[PDB]
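Structure (with nirmatrelvir (bound form)).
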Amino acid sequence: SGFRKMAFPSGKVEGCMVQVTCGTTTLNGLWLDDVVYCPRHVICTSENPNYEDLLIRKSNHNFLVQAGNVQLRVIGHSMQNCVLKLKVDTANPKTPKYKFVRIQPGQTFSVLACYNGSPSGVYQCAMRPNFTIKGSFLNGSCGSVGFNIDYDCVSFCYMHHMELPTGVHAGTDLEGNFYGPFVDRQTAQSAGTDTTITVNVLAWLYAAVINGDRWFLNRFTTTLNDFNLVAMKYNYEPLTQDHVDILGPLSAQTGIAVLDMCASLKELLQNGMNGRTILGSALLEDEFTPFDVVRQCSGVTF
Amino acid sequence: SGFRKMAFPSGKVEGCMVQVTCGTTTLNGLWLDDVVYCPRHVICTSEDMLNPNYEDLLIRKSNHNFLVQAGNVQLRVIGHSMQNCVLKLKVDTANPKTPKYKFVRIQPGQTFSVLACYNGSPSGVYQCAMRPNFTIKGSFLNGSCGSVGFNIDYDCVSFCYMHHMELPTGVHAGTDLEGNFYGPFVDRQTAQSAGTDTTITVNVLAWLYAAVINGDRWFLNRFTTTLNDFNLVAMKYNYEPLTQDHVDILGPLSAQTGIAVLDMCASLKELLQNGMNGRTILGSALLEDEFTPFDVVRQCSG
Ligand SMILES: *C(=N)[C@H](C[C@@H]1CCNC1=O)NC(=O)[C@@H]1[C@@H]2[C@H](CN1C(=O)[C@@H](NC(=O)C(F)(F)F)C(C)(C)C)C2(C)C
Ligand SMILES: CC(C)(C)[C@H](NC(=O)C(F)(F)F)C(=O)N1C[C@H]2[C@@H]([C@H]1C(=O)N[C@H](C=N)C[C@@H]1CCNC1=O)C2(C)C
């Protein structure tokens, strides 16, 4: 039994973390084959940066690349969107099987927080609908990566770039394309209003049922339209026919039809939790996907 | 910024996890140097589960009755010894991935990371605390047994928990790596139960100090309290009594925020008398007791 906020084992990714230094700026790089990936704002001096020019003007020896106590020699450099690629003289002997993926809002991943190329902590995250993440990042955390594991293949999906005024976090996929309407300048930027990831709440209520927690279940059923009208009143994501099909395995497993569980969720939105908890939370949790619930409640290895 | 339940990177422990088989029972082992440590109930059949005589079953085992497997490689068992409730298996090869490690027995309130493993392959990593009643609120299915709890201090791994059994209230019990149970439990399928759990008061106060540091002050008041008056009230809410020792430990957080420990205790007191009233601290509508004073300083300062 049990239900925990659970990260992927971070071992495969720890074998890839390095330290990148430019003048006085130090942050983290992802060392895969003979290339080190890191945010391009590493090159930046104190003084609206012109990255293209700052990059082309700069020699190879200006990039100090440190893998533990070993120096890596940079033998090339190129830009891809908002990520800098440093061509190194050594293929990473610890390189796992990996692909770069870009994730949709509501999709979850593990962040490996690092400082000075040194992995510090791992935590589970969700891509918010406003494309921010509620992470935990201090100074030097930039270049820290988000990832999933599928068997032995690490799918890297996130590189950390910045903290927003609301204490929430912004970054790019490993191809340097920002998630959300952001720019890597010190310019004034702000998270749009977040919404609750409805399908995830429903998956987590299924996790509640599976662990013997049933007080919120009722005998009513609703329709998508009625549910979706109530949802957008509480800043909940619309529920699609897609979502309903993806929760099917959980509906089948528990014997509770999705459109019933939507009625249960509706009552909770309108009525609150009545001084009760669900899986030990006073808040409806939306950072577990349907897959996450199936993975944890079936067990799955790598 | 941000405040996340945060586990240690699992790489150094992933390198040590093995699968141990005896008869039809397979669970997980911890492979350190030329010893595999695992729960001794791996040698129990179905019948044995109620009043196992461990000495009488192990005296009936040869080395070759224990299958130890590391990935594809089957390890060769060359000696078997019992220490309390862990079995120690001497093996041909010393684990080359052996990190700096020590074995540590922790006290209730102390936190660690759990690497949930099945068939010697890791499933996920989460962060736990030893509950006052010597149980943990884990996430463990069939065959999770021998999964370990650890902390990492620089590059030294300290092993503090090995997983043995699930109690009827869906909470978990285990031993230190010397095989002495945390709490009054025994590795038998006889009727046993956890004492009533209490809230880890020192940890909730730590979490409140973090809240101020991350800029949230909605909950403070202008009162102070005596240590005795605090405990007289706090026990009435099933809180762990606060000791002078605990007050000493909070000194640094008290210094950094400028809020006296007994002033913070007045705040906590009022929160219990009222509750949240729809408001939250650090994204929670409950009081968090699974961050220690050390955890908070590490994640918010440096
Ligand atoms: C190890 N592979 C399992 C794992 C359990 C069940 C799912 N999550 C877990 O932590 N553990 C066991 O097989 C141990 C083992 C005998 C019985 N047992 C139990 O987990 C049982 N609990 C108790 O012994 C009891 F009653 F005291 F709570 C069970 C009732 C099956 C849950 C031994 C030797 C303790
Ligand atoms: C909040 C701050 C003023 C620091 C700024 N944010 C904004 O620019 C905004 F406020 F305008 F949004 C910001 O983070 N950066 C400024 C500069 C890079 C980025 C940066 O160096 N990031 C930190 C790096 N190791 C990570 C931080 C530390 C604490 N928690 C984090 O995550 C770039 C946007 C090019």
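Sequence lines map to chains A, B, C, ... one by one, in the order shown. Numbers in chain A track the PDB entry; the residues on display, in order, are 1-47, 51-305. In order, the residues displayed for chain B correspond to 1-302 in the PDB entry numbering, which applies throughout. Recorded method for this deposit: X-ray crystallography, 2.5 Å. Computation of the quantities below employed the complete heavy-atom set of this structure, encompassing side-chain atoms and omitting hydrogens, waters and symmetry-equivalent molecules. First listed ligand is number 1; within each ligand, the first listed atom is number 1.
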Any idea which macromolecule nirmatrelvir (bound form, ligand 1) contacts most in this entry, and what UniProt calls it? 3C-like proteinase nsp5
Just wondering, which other chains does a 4.0 Å heavy-atom cut-off pick up around nirmatrelvir (bound form, ligand 1)? B
What would you say the binding site of nirmatrelvir (bound form, ligand 1) is, if we count heavy atoms under 4.0 Å? B/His41, B/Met49, B/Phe140, B/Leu141, B/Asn142, B/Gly143, B/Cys145, B/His163, B/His164, B/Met165, B/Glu166, B/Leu167, B/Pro168, B/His172, B/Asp187, B/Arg188, B/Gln189, B/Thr190, B/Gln192
Per-atom contacts, nirmatrelvir (bound form, ligand 1) versus B/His41 - under 4.0 Å to a heavy atom: 15 (C), 34 (C)
Which one of the active-site residues that UniProt assigns to chain B is nearest nirmatrelvir (bound form, ligand 1), with the shortest heavy-atom distance given to 1 Å? B/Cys145, 2 Å
In terms of atom number and element, which parts of nirmatrelvir (bound form, ligand 1) are under 4.0 angstrom from non-hydrogen atoms of B/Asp187? 34 (C)
Looking only at protein heavy atoms, identify the closest one to atom 26 (F) of nirmatrelvir (bound form, ligand 1) and say how far it is in Å. B/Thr190 O, 4.0 Å
Can an N or O of B/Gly143 be found at a distance shorter than 3.5 Å from an N or O of nirmatrelvir (bound form, ligand 1)? yes
Starting from atom 30 (C) of nirmatrelvir (bound form, ligand 1), find the nearest protein heavy-atom neighbour and note its residue, name and distance. B/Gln189 NE2, 4.0 Å
Identity and separation of the nearest protein heavy atom to atom 2 (N) of nirmatrelvir (bound form, ligand 1): B/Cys145 SG, 2.8 Å
Can you list the nirmatrelvir (bound form, ligand 1) atoms lying under 4.0 Å from a non-hydrogen atom of B/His172? 10 (O)
Closest protein heavy atom to atom 6 (C) of nirmatrelvir (bound form, ligand 1), given as residue, atom name and distance to 0.1 Å: B/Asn142 OD1, 4.0 Å
Starting from atom 14 (C) of nirmatrelvir (bound form, ligand 1), find the nearest protein heavy-atom neighbour and note its residue, name and distance. B/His164 O, 3.9 Å
I need the nearest protein heavy-atom contact for atom 23 (C) of nirmatrelvir (bound form, ligand 1): residue, atom name and distance, please. B/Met165 CE, 3.3 Å
Just need the protein heavy atom nearest to atom 29 (C) of nirmatrelvir (bound form, ligand 1), so name the residue and atom and give the distance. B/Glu166 O, 4.0 Å
Interfacing atoms of nirmatrelvir (bound form, ligand 1) (cut-off 4.0 Å, heavy-atom, B/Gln192): 27 (F)
Which UniProt domain of chain B is the main contact region for nirmatrelvir (bound form, ligand 1)? Peptidase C30
Protein heavy atom at shortest distance from atom 10 (O) of nirmatrelvir (bound form, ligand 1): B/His163 NE2, 2.5 Å
At what residue and atom is a covalent bond to nirmatrelvir (bound form, ligand 1) recorded in the entry? B/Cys145 SG
Organism, chain B, PDB record: Severe acute respiratory syndrome coronavirus 2
